[PDB]
Amino acid sequence: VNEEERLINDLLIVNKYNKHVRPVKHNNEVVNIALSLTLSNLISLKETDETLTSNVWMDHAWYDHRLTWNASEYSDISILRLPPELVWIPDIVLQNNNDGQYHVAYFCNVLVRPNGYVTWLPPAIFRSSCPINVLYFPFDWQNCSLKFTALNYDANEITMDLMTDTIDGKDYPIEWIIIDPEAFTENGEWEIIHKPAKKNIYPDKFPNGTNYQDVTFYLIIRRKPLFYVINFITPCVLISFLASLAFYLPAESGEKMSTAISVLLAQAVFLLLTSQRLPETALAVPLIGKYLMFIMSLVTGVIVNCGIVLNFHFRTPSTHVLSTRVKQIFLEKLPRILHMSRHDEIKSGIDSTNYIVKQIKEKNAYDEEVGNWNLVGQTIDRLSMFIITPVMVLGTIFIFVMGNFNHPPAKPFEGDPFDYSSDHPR
Amino acid sequence: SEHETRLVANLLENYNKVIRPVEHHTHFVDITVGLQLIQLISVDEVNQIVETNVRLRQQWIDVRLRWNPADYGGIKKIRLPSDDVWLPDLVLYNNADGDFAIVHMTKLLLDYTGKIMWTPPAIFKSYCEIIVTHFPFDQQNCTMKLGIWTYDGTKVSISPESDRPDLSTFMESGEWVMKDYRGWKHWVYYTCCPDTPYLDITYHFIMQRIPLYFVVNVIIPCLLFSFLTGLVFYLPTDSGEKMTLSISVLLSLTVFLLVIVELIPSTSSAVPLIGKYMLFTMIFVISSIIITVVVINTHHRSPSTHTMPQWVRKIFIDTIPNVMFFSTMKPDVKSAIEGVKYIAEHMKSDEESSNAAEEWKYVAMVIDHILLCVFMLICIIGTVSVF
Amino acid sequence: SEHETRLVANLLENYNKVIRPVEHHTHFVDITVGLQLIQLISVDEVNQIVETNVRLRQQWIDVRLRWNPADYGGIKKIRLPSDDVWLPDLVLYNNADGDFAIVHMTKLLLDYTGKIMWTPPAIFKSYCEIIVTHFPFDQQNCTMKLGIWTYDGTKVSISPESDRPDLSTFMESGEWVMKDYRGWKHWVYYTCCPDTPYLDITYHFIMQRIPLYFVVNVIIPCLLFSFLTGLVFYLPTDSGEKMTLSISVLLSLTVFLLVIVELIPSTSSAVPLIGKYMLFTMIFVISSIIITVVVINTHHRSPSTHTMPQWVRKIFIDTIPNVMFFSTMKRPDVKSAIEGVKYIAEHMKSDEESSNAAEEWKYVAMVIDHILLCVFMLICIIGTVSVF
Amino acid sequence: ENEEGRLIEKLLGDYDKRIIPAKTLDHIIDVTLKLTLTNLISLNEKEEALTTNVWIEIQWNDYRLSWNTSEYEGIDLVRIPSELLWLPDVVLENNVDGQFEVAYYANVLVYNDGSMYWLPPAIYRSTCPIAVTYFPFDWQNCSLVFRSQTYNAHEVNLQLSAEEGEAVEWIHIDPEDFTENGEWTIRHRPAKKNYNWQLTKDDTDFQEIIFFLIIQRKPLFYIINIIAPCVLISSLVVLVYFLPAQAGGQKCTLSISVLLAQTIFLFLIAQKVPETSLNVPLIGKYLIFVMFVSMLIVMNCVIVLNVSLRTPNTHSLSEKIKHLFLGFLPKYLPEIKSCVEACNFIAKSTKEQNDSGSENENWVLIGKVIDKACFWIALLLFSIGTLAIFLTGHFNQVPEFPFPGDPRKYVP
Amino acid sequence: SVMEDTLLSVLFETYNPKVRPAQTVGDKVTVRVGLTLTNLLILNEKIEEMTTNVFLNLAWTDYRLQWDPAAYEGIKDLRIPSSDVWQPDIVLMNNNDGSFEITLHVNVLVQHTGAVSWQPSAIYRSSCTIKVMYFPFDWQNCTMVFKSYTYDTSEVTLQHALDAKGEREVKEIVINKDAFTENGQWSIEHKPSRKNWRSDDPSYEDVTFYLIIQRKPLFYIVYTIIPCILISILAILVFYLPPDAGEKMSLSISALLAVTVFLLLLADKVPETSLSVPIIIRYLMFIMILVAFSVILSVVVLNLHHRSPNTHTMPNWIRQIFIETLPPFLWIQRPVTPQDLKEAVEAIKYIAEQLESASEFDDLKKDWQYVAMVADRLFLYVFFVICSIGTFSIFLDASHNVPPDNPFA
Ligand SMILES: CCOC(=O)c1cncn1[C@H](C)c1ccccc1
Ligand SMILES: C[N+](C)(C)CCO
């Protein structure tokens with residue numbers, strides 16, 4: 001017969017096991033729950049929802065003196081599997097979850113050794129709340145944490161801790177999320193930079209209650225920005241430069257305003273999409289958002305100035321006067337500064353000829369004035385180009401270089417010199 | 001049946017569903033696991049999740065549930081609720097959104113020799129890495145990892161029912177084609193538990209997308225709007241519609257690029273070839289708009305302020321035009337006398353200025369013809385290379 | 001309480017919750033059903049589902065649960081879990097998306113005479129036949145049909161508490177107004193079972209939509225573009241912008257039609273009045289584009305190839321312009337030199353002839369434009385008067 | 001006190017819920033199905049799922065729950081909660097979500113002879129592969145497949161309900177409890193028992209009961225709100241052949257505007273149909289065709305503009321081109337000396353300018369001729385396409401018989 | 001633990017968790033209700049629903065769970081699963097979905113005196129009426145109403161939770177700085193708690209927690225308001241363009257379409273309630289109507305500018321108003337103003353007459369164009385003034401909206 005049945009009946013039935021009582025000899029004693037986390041897949045991070053969905057294996061380990069047996073009395077049974085609804089397990093809960101899933105949904109068996117060491121390694125899909133810092137999107141790095149607390153007992157009754165490991169006879173705590181190099185699936189969008197784990201204590205509270213301790217697993221991740229750079233920033237930048245290029249069209253083309261307005265509307269569309277892709281927080285304006293606002297304002301200036309140029313180009317001596325001051329400003333000085341290129345029948349006949357000559361001379365003078373106004377308009381729009389396009393290019397370069405010079409700080413916990421890396425335990 | 005009722009009461013009277021079904025604790029339970037794909041509900045490319053409707057066929061022998069048919073009216077088989085007997089805990093490792101294990105506890109078929117057959121339904125929402133290089137002519141390869149969670153290989157062993165899963169009752173997708181499917185058994189060593197081996201079986205499905213929805217709704221409009229790129233150079237500058245047409249083409253192209261972007265995951269692993277084509281087309285279109293603005297500015301160059309330099313007259317007016325063949329290009333009376341002479345002189349000056357202006361217009365025309373020829377060369381070499 | 005503990009132990013010791021609470025199996029259980037509407041969560045017009053927050057008050061007598069207060073210290077009321085006693089399987093017949101019966105098994109009050117009162121909560125996602133013909137000024141009448149699923153009128157009888165459902169604690173919607181609400185008990189006689197009555201209670205609420213939101217967010221833009229419709233006829237053809245304005249108006253109206261359709265069910269039972277108005281406007285905008293293309297073609301007609309027919313001149317230059325009152329319309333070498341001057345004069349004469357012909361064509365085009373403008377204004381006036 | 005108490009206590013005492021009520025070893029339970037449809041809630045084309053509000057009626061015989069009426073004061077019928085009884089695990093096999101069982105586990109009516117009558121209500125979301133070839137004039141052929149989830153054909157024998165000795169081979173629709181959908185009309189509603197001959201009498205999937213719903217869409221809404229505007233807007237391209245070919249004519253503006261409108265309408269149609277790739281919707285083919293035609297019209301407008309604005313300076317009008325395009329194709333449709341010199345110069349210059357203008361006018365006329373010819377071609381193409389689509393759509397009729405092979409009507 | 005198991009077996013031998021603890025018939029049970037807010041997750045304005053992650057601090061007394069610590073080796077208190085003892089069915093009455101009860105069932109803490117403490121956790125969706133008058137410069141007043149679903153005032157008395165020291169009552173939501181996550185779109189201004197009664201229903205009583213929260217509107221400013229300001233600038237600009245440019249309709253129509261698109265997109269973020277019109281929507285409608293009138297007046301100006309004597313005759317009132325009176329006020333005054341020989345003389349005379357007629361015709365055309373220019377300038381000034389005043393007034397009114405210093409609750 002299977003000796004396992006006899007052993008389990010002896011442990012749980014004959015000895016009157018109570019799964020609602022802490023596993024300690026004495027009431028004042030404490031239970032140490034070792035904890036560790038294994039990340040098997042970083043499913044997603046919805047910035048709109050400010051949620052981090054992660055597929056993890058949450059390891060627990062404690063001692064139950066009531067589940068101890070002598071392996072010799074029974075057959076050499078060195079390990080045993082029991083369902084968690086038969087033994088006492090600690091209900092560690094994820095406090096910062098978005099949905100109502102406070103703890104694992106699949107309750108797998110627990111492994112019990114003859115010395116009482118109980119181990120429990122259930123899988124879980126956790127949806128935790130991660131505030132998003134959109135200051136440098138899409139060159140941003142996020143800092144999401146999973147905060148685990150024990151609410152069924154207070155710090156005087158069970159003590160959370162970090163799982164210890166041995167390499168050369170000395171126990172060193174595991175201050176990191178465990179990533180198996182082969183059972184891990186690298187995420188396409190995010191790459192893990194730091195993954196410390198820390199046991200926090202809050203001295204302003206008391207061990208009376210359940211807000212005195214927790215174990216928090218942090219996860220600092222950087223976004224791979226190639227997708228957004230290729231698909232969102234390059235088209236926007238090129239379309240933006242088209243606006244500055246709109247200064248070079250002659251006023252007789254009949255398409256200056258159309259070009260500038262098309263650029264502005266494209267910028268607005270890109271701004272709306274950027275809005276759609278981010279949370280509605282007010283902590284800061286995203287980098288791409290700042291660039292879009294700046295470029296839209298600049299293109300509005302371009303439109304207004306093209307309008308002024310057009311109004312100048314279509315003036316005639318019939319409505320305006322070309323004063324000497326404007327003439328010398330926009331036809332002598334600025335063009336050089338900006339390097340711009342450069343018998344009765346006989347009497348009737350004679351009177352008619354004189355009148356024709358006078359009319360033609362008047363028409364020529366009118367056309368001369370019209371040409372002068374044309375030149376004034378060209379000077380204005382050349383000055384506008386030289387004043388605006390450099391600002392456009394400098395602003396674009398500055399914005400998209402400042403964002404690219406934004407790296408995670410190479411060490412979590414600014415005031416801490418420890419690396420919290422798997423390769424160099426403390 | 002009185003006989004069946006008595007039998008079932010006898011079997012489970014002293015049965016402990018917590019213990020493994022083995023005569024001796026050192027033996028191991030052999031479980032033949034076989035997957036049956038009933039439907040492919042969806043493949044969410046953006047979220048990289050594949051939702052399938054399967055049945056997880058499992059078999060094993062429970063020596064505690066054997067009976068002699070002679071004592072029970074010759075009953076050879078019975079059906080028992082899955083919650084009354086020991087079951088193996090199979091877990092889908094790469095779960096993404098759904099449940100890790102089986103949640104529909106259906107009944108199982110128990111043979112008189114102890115053999116058990118259990119085929120519970122499931123909805124596996126498993127993680128799927130999406131390669132978008134050839135979207136929408138892409139093929140997807142993503143898997144389902146199944147294994148025993150709490151028992152190692154020396155306690156419960158799983159082996160596949162057959163080399164491939166069962167698609168006999170598979171419902172035709174209408175959006176994917178099952179190119180291939182295979183199941184492989186692995187022995188793995190996890191850092192948790194380095195002493196003993198953990199088994200698992202991985203089923204994978206090579207899925208080929210049927211490219212008709214996206215060809216009709218995405219690619220054909222993309223190509224149609226791309227093929228308008230060249231028309232800019234054939235439009236005369238006097239029409240006052242070059243910028244309108246070119247800007248419309250550019251904006252349509254970028255809108256289509258955005259639409260394509262909404263259909264693929266944000267991963268940076270690789271860039272779609274269709275998206276890369278669209279980006280190349282946009283870059284060429286923007287270069288075309290730059291050169292078009294240069295052409296327009298040249299066509300309206302007033303001779304008063306601009307004198308055509310020799311280096312452009314020699315090249316654009318004497319060299320290229322001959323090179324290209326396909327085109328078809330090339331008191332009172334005293335005052336009255338003074339006024340007539342003035343009129344004649346002014347007409348001569350106006351004729352000179354008009355000749356200069358027409359020379360500038362000719363330069364613009366040759367420039368845009370050169371660009372049209374370059375565009376045709378690119379189109380021809382591209383259409384030859386793609387074929 | 002010790003007394004209450006003893007009482008509850010005695011009540012349920014030999015009580016079967018599978019049996020109807022009747023002294024003799026020939027009687028029926030009188031159940032007093034009353035609906036209390038707490039909140040109107042939503043009205044999904046696209047899916048035709050109405051979500052409501054209700055409490056389903058029910059009362060009946062269970063003689064098996066009676067006791068004498070003097071024996072238990074004077075206790076006259078207790079609270080028992082509803083999972084411990086017989087309950088009526090009251091079901092919402094026209095459920096559409098939610099649960100058919102009550103799923104939140106709260107405790108129930110129980111008097112010493114057996115009188116029970118159970119007021120469980122529920123979210124009823126019932127089916128609403130949405131009639132979009134006066135949207136957004138529409139009135140919706142859709143109901144909630146309740147009845148005992150598995151018992152006929154001779155075993156379990158349901159009666160309403162009152163003629164109307166209880167809205168004392170109703171939470172004002174801010175999107176609909178409760179015009180009326182009633183509850184009616186029906187005796188049906190199905191075909192399966194033609195000898196016994198099948199009872200049923202149907203509550204209905206007449207909801208009147210508050211239209212400010214949809215007015216401001218949909219109708220005002222639609223009306224504004226509709227009023228821009230006829231503006232093209234006042235735009236001169238020399239501007240070279242008529243196609244821009246006409247096409248912009250057409251596309252704006254199309255966008256607003258597409259916005260409206262996504263706000264109503266796809267049913268073909270009736271066509272919304274607003275959508276009908278929008279389509280009428282679209283048809284007239286298409287007519288405007290065609291007729292303005294005709295006008296543009298007329299305006300640039302070359303005088304050389306085309307000669308104005310007499311009827312065109314009479315209609316569009318001699319008679320119609322007078323009709324309009326509010327408009328401001330109008331209604332050796334020396335020999336060569338001499339021959340050259342004569343040539344100049346002759347060419348000016350010919351050019352003047354051609355330009356006068358062209359200006360006549362342009363006048364005809366403007367008159368056509370103005371006729372169409374006045375016709376559209378007539379339609380505007382007649383529609384405003386008749387509809388409003 | 002209620003006599004049903006001791007009756008039910010005797011019945012359910014010593015009664016195993018887990019044992020199939022087979023009298024002997026070879027006995028087979030006849031499970032009887034009848035489907036009643038009360039509301040066809042929706043048909044989610046994108047999700048390819050049909051939602052229905054049905055009451056499924058299931059009947060079998062359990063010899064264990066039989067009494068002798070005379071012993072219990074003539075009680076011939078009791079109600080027992082279904083969780084206390086053996087049930088045939090009849091489930092909807094072709095559901096989209098994981099919901100196999102019924103929504104509400106009602107009570108089971110039990111008669112003294114053992115008859116079991118169970119009528120649970122359910123909201124079923126079932127798969128329905130949708131054919132888009134004729135949208136919005138399409139008709140769909142959706143089915144509800146019911147089979148036992150546990151027992152095979154050697155234990156349970158699924159059958160259709162027999163009423164008055166005549167089999168009920170249709171979905172029952174009660175005029176009292178039925179709300180006509182408004183978007184879909186039910187034309188046929190047959191039911192039949194189906195066998196999967198690839199499997200033996202074991203395997204639990206051998207036998208099925210399939211209820212079919214052949215529903216026809218009411219197309220008025222889509223005609224008014226999508227198709228009619230699309231066609232009316234698409235017909236506007238042909239107008240570009242009457243606008244003047246010069247600055248301010250706006251040929252390209254109108255052409256490109258109509259092209260973009262057609263693209264937007266294509267996207268809209270895409271939002272209304274499933275992403276399956278088995279067929280292209282008819283309206284989608286129409287939209288692609290008109291997009292191609294209007295792209296051709298854009299090219300033709302560009303060509304006409306290029307021809308019309310030509311000048312003698314750049315392009316020289318030959319005799320072949322002049323003869324062709326202006327011939328047959330239109331058919332088918334001291335001080336004194338100085339003064340004298342100045343006057344001569346003036347006359348010469350004026351004459352030259354006039355001749356140049358005349359040549360420009362000739363080019364303009366050639367352009368107009370090309371315009372007229374291409375207009376006729378384009379109108380022909382557009383009319384052919386629109387008429388073809390109209391004919392194909394209006395001639396799609398739902399089949400006369402539920403199953404084309406059979407001659408039976410499958411109606412009450 | 002042997003002794004704790006013995007104590008548990010003694011306590012629950014005859015304890016019925018379905019019976020309210022009342023030592024004597026008619027006694028009431030005092031229940032203290034507190035709330036701790038750990039994270040204000042969402043405030044969905046479309047569905048008028050607030051999602052919060054909270055602890056529900058409850059506490060009462062059960063005379064049945066009493067023992068002497070000396071008799072059990074000094075066990076002062078126990079942690080007992082909540083399903084084993086009686087608890088009041090305290091639920092969130094104004095929830096939006098059907099979830100009444102709590103989510104996480106933690107152990108209760110029973111002290112030897114009979115004092116039970118239970119601090120469950122839940123994710124609640126509470127329905128919150130939203131006032132949209134000043135969206136997005138608005139402050140909301142969202143409540144969470146807690147009471148016993150089952151027991152009324154004749155059975156349980158609700159009170160306020162005591163502070164950590166247990167000296168005074170706490171009349172407000174508790175926030176633990178070590179476990180609170182700032183929302184980032186809302187700032188909590190007030191958070192009082194208050195008991196409420198109904199005059200007509202003596203058997204009603206609940207404890208309500210209020211959350212006066214002010215939106216941080218930077219997002220809506222940046223992504224909706226500034227773009228519309230630029231569009232309005234373009235709409236004003238349209239009146240400075242010359243009618244000869246041929247781009248007046250392009251500019252005006254583009255502005256109109258852009259603002260309409262902004263309104264349509266913004267319609268997705270405001271509640272569909274009809275009690276008032278949000279300030280943002282009012283501003284957008286104002287700009288839309290202004291731009292539509294801009295289109296109409298631009299069409300009028302274009303019509304005026306393209307008139308000639310061959311088609312129109314200038315009426316006296318137009319000349320009086322636009323040529324003489326307005327321009328001085330608008331600072332737009334225009335600047336002040338032998339056979340063959342016989343045949344040749346005739347030709348020259350004809351040419352002269354032609355030129356004279358052309359000059360007169362051109363003068364009248366220029367008069368019409370000047371009327372158009374003057375009207376366009378008048379419209380420019382009027383529209384600039386109206387747009388500036390309207391925008392400034394609307395946003396000034398929006399800016400003077402802050403939650404009251406006194407929550408009134
Ligand atoms: C009852 C229908 O009235 C209208 O359509 C109506 C009334 N005032 C204005 N309109 C619209 C703009 C209209 C005017 C001219 C033609 C078509 C549509
Ligand atoms: C097999 N795993 C290592 C994943 C779990 C052991 O409990």
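Throughout, a chain's letter reflects where its sequence line sits, starting with A, and its residues are numbered from 1. Remember, it's 1-based here, ligands and their atoms both numbered in the order they're listed. So this one's electron microscopy, 2.8 Å, going by the header. Just the heavy atoms: all of them, side chains too, but no hydrogens, waters or symmetry mates, feed the values below.
What sits at ligand 1 is the drug etomidate.
The chain with the most heavy-atom contacts to etomidate in this structure is named in the PDB entry as Acetylcholine receptor subunit alpha. At a heavy-atom cut-off of 4.0 Å, other chains contacting etomidate: C. Other-chain residues and nucleotides with a heavy atom under 4.0 Å from etomidate are C/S226, C/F227, C/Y277, C/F280, C/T281, C/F284, C/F376, C/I379, C/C380, C/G383, C/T384, C/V387. Distance screen at 4.0 Å: atom 13 (C) of etomidate has no protein heavy-atom neighbour inside the cut-off.
According to the PDB, the organism given as the origin of chain C is Tetronarce californica. At the shortest separation from atom 11 (C) of etomidate among protein heavy atoms lies C/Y277 OH, 3.8 Å.
Scanning out to just under 4.0 Å from etomidate turns up no other ligands or ions. What sits closest to atom 17 (C) of etomidate on the protein, heavy atoms only, is C/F280 CE2, 3.5 Å. In terms of protein heavy-atom proximity, atom 7 (C) of etomidate is closest to C/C380 O, 3.6 Å.
The C/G383 neighbourhood of etomidate comprises atoms 1 (C), 3 (O), with distances under 4.0 Å to a heavy atom of that residue. Near C/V387, with a cut-off below 4.0 Å to any heavy atom, the atoms of etomidate are 1 (C). Lab note: chain C, UniProt TM segments from N terminus, heavy atom under 4.0 Å from etomidate -> 1, 3, 4.
Within etomidate, the atoms closer than 4.0 Å to a non-hydrogen atom of C/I379 are 15 (C), 16 (C), numbered from 1 in the order shown.
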